[PDB]
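Heads up, this one has tamsulosin in it.
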Amino acid sequence: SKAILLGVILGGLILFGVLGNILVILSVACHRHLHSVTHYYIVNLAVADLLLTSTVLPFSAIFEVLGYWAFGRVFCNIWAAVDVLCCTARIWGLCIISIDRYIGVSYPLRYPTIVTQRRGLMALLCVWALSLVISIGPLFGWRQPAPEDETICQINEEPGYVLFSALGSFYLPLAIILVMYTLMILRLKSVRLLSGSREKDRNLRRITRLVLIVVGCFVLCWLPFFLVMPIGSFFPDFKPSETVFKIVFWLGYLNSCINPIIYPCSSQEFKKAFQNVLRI
Amino acid sequence: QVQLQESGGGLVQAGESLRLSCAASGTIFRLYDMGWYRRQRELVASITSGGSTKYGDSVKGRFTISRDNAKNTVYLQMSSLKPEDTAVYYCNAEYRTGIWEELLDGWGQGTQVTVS
Ligand SMILES: CCOc1ccccc1OCCN[C@H](C)Cc1ccc(OC)c(S(N)(=O)=O)c1
């Protein structure tokens, strides 16, 4: 019996991820001193990972266990259209947290007049609209005809679609993140006292470290898939086998299941908030 | 765990010259400020990281303050000493021990100079 092991492992991982991403939302939505414009973006990342790990991953698990799509033809398009939108929304959410931290560090005295509540909400709406456009843009542009067996659900391999998706979903926010963090690290290295007091300085110097840990986990998890796909799509000589392909896109789902453990370990308000939520 | 060491004490009559020195040792990321304090705490000399010096009111600038950055050392040159300068002098420093850390200072032991 080989299906039992994979079924138990993937079911346990999904059932861990759903409860983690519910607990992250509940710990911010319960307490009152955690109400600022920075924590709402963490709630947004938790919402995107919750929708992914509660809608998409069971059907790919059953597809990996059985070996053929046994639900029809209309669901094979809806699944492959939600699977791209969730990852694109998560990457652009990380990019907007990086921009917010740069504006917070570089102008430490005129921050509560620049980043108000209204501009944060409008930036959230603009990010969701741009993600929904750039995700399902090229999916309906490189449309190929369907086979005649309907027990198979495959993906596109036109080099235009692969190039457009890999250029508009991964390598465009990465440059913005690295430019903002390079300028922020130079300013933190060269200065003595940021906000005119010791307490505000030592409180400002730690959220940047937490967001560095989050970005460092995300890049390490999602880089080999977006590095092994277009090389095999363009140059067909160095295409790998069908067994090493199936790990480089399961790492990207392990990332969504492993994300909510960073906040209790690398903080002291999140641990108290998690314990207070679990107390009830 | 950063510790400071002082040197340059003595005991002589009035109308002479001397030089004191202070130096840090330990694990440091950067040093931001140094100085000297008489007796009771009061300012007599203070220098910055850039080089813009400052002085105190009880002394009319007759001493000299200088800083060696690469060895983490601060000096003090005293000349034409008055009989009213018999006290105990102390060093000081400010530092940091990491880029994600908190600024915190630390005092030193002290040195004795006796003049008549
Ligand atoms: C082509 C580029 O896409 C993406 C673009 C933007 C973001 C994410 C993208 O991609 C995410 C991973 N989406 C996987 C690759 C689809 C999948 C899922 C389950 C499967 O079965 C277990 C199979 S399958 N037919 O190989 O076995 C494929």
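Chain A corresponds to the first sequence line; subsequent lines are lettered B, C, and so forth. The numbers used for chain A are those of the PDB entry, and the residues that appear cover 24-235, 276-343, in sequence. Note that chain B carries the PDB entry numbering, so the residues on display, from first to last, are 3-41, 46-122. Just the heavy atoms: all of them, side chains too, but no hydrogens, waters or symmetry mates, feed the values below. All ligand and atom numbering here is 1-based and tracks the order in the structure.
- What binds tamsulosin most in this entry is, by the naming of the PDB entry, alpha1A-adrenergic receptor.
- Other chains with a heavy-atom distance under 4.0 Å to tamsulosin are given as A.
- Counting heavy atoms under 4.0 Å, the binding site of tamsulosin comprises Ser83(A), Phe86(A), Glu87(A), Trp102(A), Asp106(A), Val107(A), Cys176(A), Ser188(A), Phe288(A), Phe289(A), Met292(A), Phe308(A), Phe312(A), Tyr316(A).
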